[PDB]
Engineer: 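Hi! I'm looking at a structure that contains d4T-TP and have some questions.
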Amino acid sequence: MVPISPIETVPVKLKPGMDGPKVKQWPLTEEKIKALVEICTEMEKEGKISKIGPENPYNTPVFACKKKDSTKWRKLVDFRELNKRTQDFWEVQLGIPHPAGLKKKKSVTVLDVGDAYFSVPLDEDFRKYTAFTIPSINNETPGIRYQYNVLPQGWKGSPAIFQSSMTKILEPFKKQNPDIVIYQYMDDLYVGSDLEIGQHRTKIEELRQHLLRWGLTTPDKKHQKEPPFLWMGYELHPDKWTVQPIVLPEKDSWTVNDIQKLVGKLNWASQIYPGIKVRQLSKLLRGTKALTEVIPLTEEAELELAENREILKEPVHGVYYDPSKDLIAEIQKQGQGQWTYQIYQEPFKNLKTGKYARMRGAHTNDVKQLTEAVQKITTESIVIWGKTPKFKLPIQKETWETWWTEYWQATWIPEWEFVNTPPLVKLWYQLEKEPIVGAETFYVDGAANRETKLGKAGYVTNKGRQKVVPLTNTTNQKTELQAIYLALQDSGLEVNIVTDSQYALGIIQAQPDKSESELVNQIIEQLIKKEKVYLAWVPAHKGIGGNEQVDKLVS
Amino acid sequence: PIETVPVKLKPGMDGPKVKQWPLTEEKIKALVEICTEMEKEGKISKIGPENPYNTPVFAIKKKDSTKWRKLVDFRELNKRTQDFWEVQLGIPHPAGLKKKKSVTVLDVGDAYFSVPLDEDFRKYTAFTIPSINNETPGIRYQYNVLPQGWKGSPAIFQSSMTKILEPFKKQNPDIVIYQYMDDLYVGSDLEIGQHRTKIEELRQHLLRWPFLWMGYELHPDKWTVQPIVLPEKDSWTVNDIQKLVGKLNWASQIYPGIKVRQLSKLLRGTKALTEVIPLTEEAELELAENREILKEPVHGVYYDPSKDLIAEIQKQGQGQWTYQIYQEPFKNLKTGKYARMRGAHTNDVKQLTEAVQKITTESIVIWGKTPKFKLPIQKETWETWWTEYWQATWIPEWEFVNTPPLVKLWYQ
DNA sequence: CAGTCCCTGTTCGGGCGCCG
DNA sequence: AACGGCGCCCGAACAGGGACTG
Ligand SMILES: Cc1cn([C@H]2C=C[C@@H](COP(=O)(O)OP(=O)(O)OP(=O)(O)O)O2)c(=O)[nH]c1=O
Ligand SMILES: [Mg+2]
Ligand SMILES: [Mg+2]
């Protein structure tokens, strides 16, 4: 006979054709034994745990661990076998609140519900599926077995049920206090208002008693009444916010798991510290699949790590969001496919910063990557503020106009202005739209053998110029690119080039300025040196002009 | 007092589990206001996390409308109940709708809110309203009545809709009425004054039983086709003939009688691209014969009702967009071109959004289906902006391609 | 006409950061 | 040695299309 809590239960079923968990216990140290017998006894008197008998043919092991800078212990059941047989839940936690999205509030209070999962009941017809024995002695007393009447910590349904139950309890209070903002993340509650400090504590006490009607306690241990508030890992001040102090490890020998933690902290730090790079550091995490393997820091990864530590020396901070002012996002190019940006409303008062250094595609250019950075910032800004910022981009209006009007795919950038801060983003060469009068016409072609990997590449021109080059360990695609490279090498500043390679033509028409292929990079270097290049395509094996002639040479 | 029509998913398929995407502030505020009224009216009910199903939701504004409209992306749920709205209670498509001089599209989705939904099926209509900056967890609902944007809604309401439209169809035997998704397609050969008058009479028939006041007008008899055309120059260069032979060779995949023998003979040698080549007597004859074949219709090209429609779009530049609708490759059921749409010369995504909406509308009128689109855009670019410009109550299937223009086939 | 190859793309799962 | 959420950078497995070979 256990009392039913005021919180409405959540009906939880299991996957059909499957039963409950039946896993043997895990032999643990005697320290854990004296840290859980006192818990199952206190929760039994408080109605959070009931005792069962032999009529419950289930069992589940459970260990424990300490807490964050505290003296209390955390009981974490290992429901990994129950989760495989429990129904799937749709998570209502859609993201992480960011302090740059918080608005200015005169009074702020941060709460923390004590015994979050232990104050929300479990489904009545589901408590039987949570059985676990507790031996008092490691090899003497068989131990009386208990069950769960609340949400166990470790079950895959506990977070979703708590977040949904907490919302239903706050819904009536929020309807009675519309001007009060309540950021609800797991058990921690951020409460803000523009009321006076005196009147603010009044509504806080009203909220603490409102939650008390459902068994939710807000103890004074984690009650925050004055800044700086520790919320979501940030330091919240009345007019600014900053990330809690980030410590980067400094080992004399670096392995693989150390860099994974190093790049991780730098990604977390890049949200407010401008100019953080992790290209050369993450470049060390390629190929090697041994987490305990020492990796020496390259000269590029060492200079990259040194410049990041100097950025973290000076303390930085972000501001809060003012809906009366516009959102501005300014991007800079950091080189080597690295981009950094800042989002602000007043100049030099950054709401947050960030980086975009993703390299997608074997061949690309700075205009494509700038477009991708703008999209990443737009989606991020809609998550945090629900609107798109005005952009300040280091690209001329004429440059962008030339790119998007001529590109064959649809592409677009929202309302933006040019900011003249080098290095500017430009197109390094422009293919002609019409053949060039007076320029030598190169008919290029390349063929390779699938078996021997041997091939030829060459050209034939209208002035009688000709070349064939034998190639070893190549492909048809490589010889087609090589043939174009030969035509660019052996031509003047203006050249018409005729190929039958859809592969090669498609790469060059997208005006790439960088490539994972050394051959394409060499082609790009030649295209920049030229003054006019006209690429034309013809179908192969159709007896078309010089394409038929150069086809005989390379095949 | 209405028995709920039992609805079952297709055998071997579970409900939709699609994540909600971020919404702007004005859209969240609109959806919160809309859902509060619908909940007060019992059309939707709040649910918990024990419902593992979810469908994205956002809001749109129709053309020349300042009123927000809730729009659910039921695309996943629709193709998991395909044996219902196509096999059990299907809606016949009239072949005369595309022949009418004027066709008005009326939003009738609000009528579906009067029919209850099968209790065993309401869990599949779950959607989640997001919050800005993740202030609060998602606010989940499920539908208690027939939802807008679900293909099962017009199928179940069809028995009710027939009785309402029965007096009007008897009063006007020449008017063709077609129902697709939340819309009603009313076509007539009457004059513009007579048509709009008869449309208002039909609105009054529905009133005696929030977007009924709108009426998007169409003219399928004015819909044009964009055939493959060949350039006509006074002088031809080597480069001109190379592009021509390249175009005709690709065109031979559609018209098998196209020849390029006499035109390829003009390019014998290794000539400069800009060298002018005079067309021979046989080349004039062969090019003239090819221009006539491009006017002749393609052999064995007809619509198969059991096959999906496919739409390809090409960005031609300068506000020009070409498209082809087909079921089998090189068997195009329709080819067209759009020019000077909204966003021309400034926004590719808005134009592409407009083009997709136009093509889909034509496919509903002509065949009663929505095509699967092959969009010439990067996935991340489309998924960032398309909802900002969407003005339709349905959403077609799409995929993303990247085809560099080797030959300008559909627009010289 | 199939069956490969070459090349490039997306999907996903795990590594890490961070929150509870 | 647990659960859920988001982000990044990584690689393996997979799909898809031109082009060559039997
Ligand atoms: C930190 C943490 C938390 N949780 C779940 C359990 C309760 C809520 C909040 O945890 P908590 O605030 O740190 O402890 P809590 O149970 O609320 O008890 P108190 O310390 O607040 O008194 O999230 C979890 O399952 N694993 C974890 O590692
Ligand atoms: Mg707590
Ligand atoms: Mg070739």
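Each chain gets a letter, A, B and so on, in the order the sequences are listed, and its residues count up from 1. Both counts, for ligands and for their atoms, begin at 1 and track the order of listing. As a basis for the values below, the full set of heavy atoms in this structure was taken, side chains included, without hydrogen atoms, waters or symmetry mates.
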Engineer: Report all copies of d4T-TP by ligand number or chain letter.
Structural biologist: ligand 1
Engineer: What does the PDB entry call the chain that holds d4T-TP with the greatest number of close contacts?
Structural biologist: HIV-1 reverse transcriptase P66 subunit
Engineer: Using a heavy-atom cut-off of 4.0 Å (strictly under), which other chains touch d4T-TP?
Structural biologist: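 By heavy-atom distance, the answer is A, C, D.
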Engineer: Who's closest to atom 3 (C) of d4T-TP heavy-atom-wise, of A/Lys72, A/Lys221, A/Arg74?
Structural biologist: A/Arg74
Engineer: For d4T-TP, which atoms sit closer than 4.0 Å to a heavy atom of A/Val113?
Structural biologist: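 Numbered from 1, d4T-TP contributes 17 (O), 21 (O).
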Engineer: For d4T-TP, which atoms sit closer than 4.0 Å to a heavy atom of A/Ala116?
Structural biologist: 7 (C), 8 (C), 16 (O), 17 (O)
Engineer: Which atoms from d4T-TP have a heavy atom of A/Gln153 less than 4.0 Å away?
Structural biologist: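 In order of numbering, the contacting atoms are 6 (C), 16 (O).
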Engineer: Should you measure from each heavy atom of A/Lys67, which atoms of d4T-TP turn up under 4.0 Å away?
Structural biologist: 18 (O), 19 (P), 20 (O)
Engineer: A/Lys68 near d4T-TP, heavy-atom distance under 4.0 Å?
Structural biologist: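 No heavy atom of A/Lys68 comes that close to d4T-TP.
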Engineer: What else, ligand or ion, lies under 4.0 Å from d4T-TP?
Structural biologist: ligand 2 (magnesium ion)
Engineer: In d4T-TP, which numbered atoms sit nearer than 4.0 Å to a non-hydrogen atom of A/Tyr117?
Structural biologist: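 That gives atoms 5 (C), 6 (C), 23 (O), 25 (O) of d4T-TP.
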Engineer: Give the atoms of d4T-TP, by number and element, whose distance to some non-hydrogen atom of A/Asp112 is under 4.0 Å.
Structural biologist: 12 (O), 21 (O)
Engineer: I need the contact type for A/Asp188 against d4T-TP. Using non-hydrogen atoms and a strict under-4.0 Å cut-off, is it side chain, backbone, both or neither?
Structural biologist: neither
Engineer: Is A/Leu76 in polar range of d4T-TP, meaning some N or O pair under 3.5 Å apart?
Structural biologist: no
Engineer: I'd love a list of the residues lining d4T-TP within 4.0 Å - heavy atoms, by chain and number.
Structural biologist: A/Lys67, A/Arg74, A/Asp112, A/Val113, A/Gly114, A/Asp115, A/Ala116, A/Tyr117, A/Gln153, A/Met186, A/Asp187, A/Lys222, C/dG20, D/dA2, D/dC3
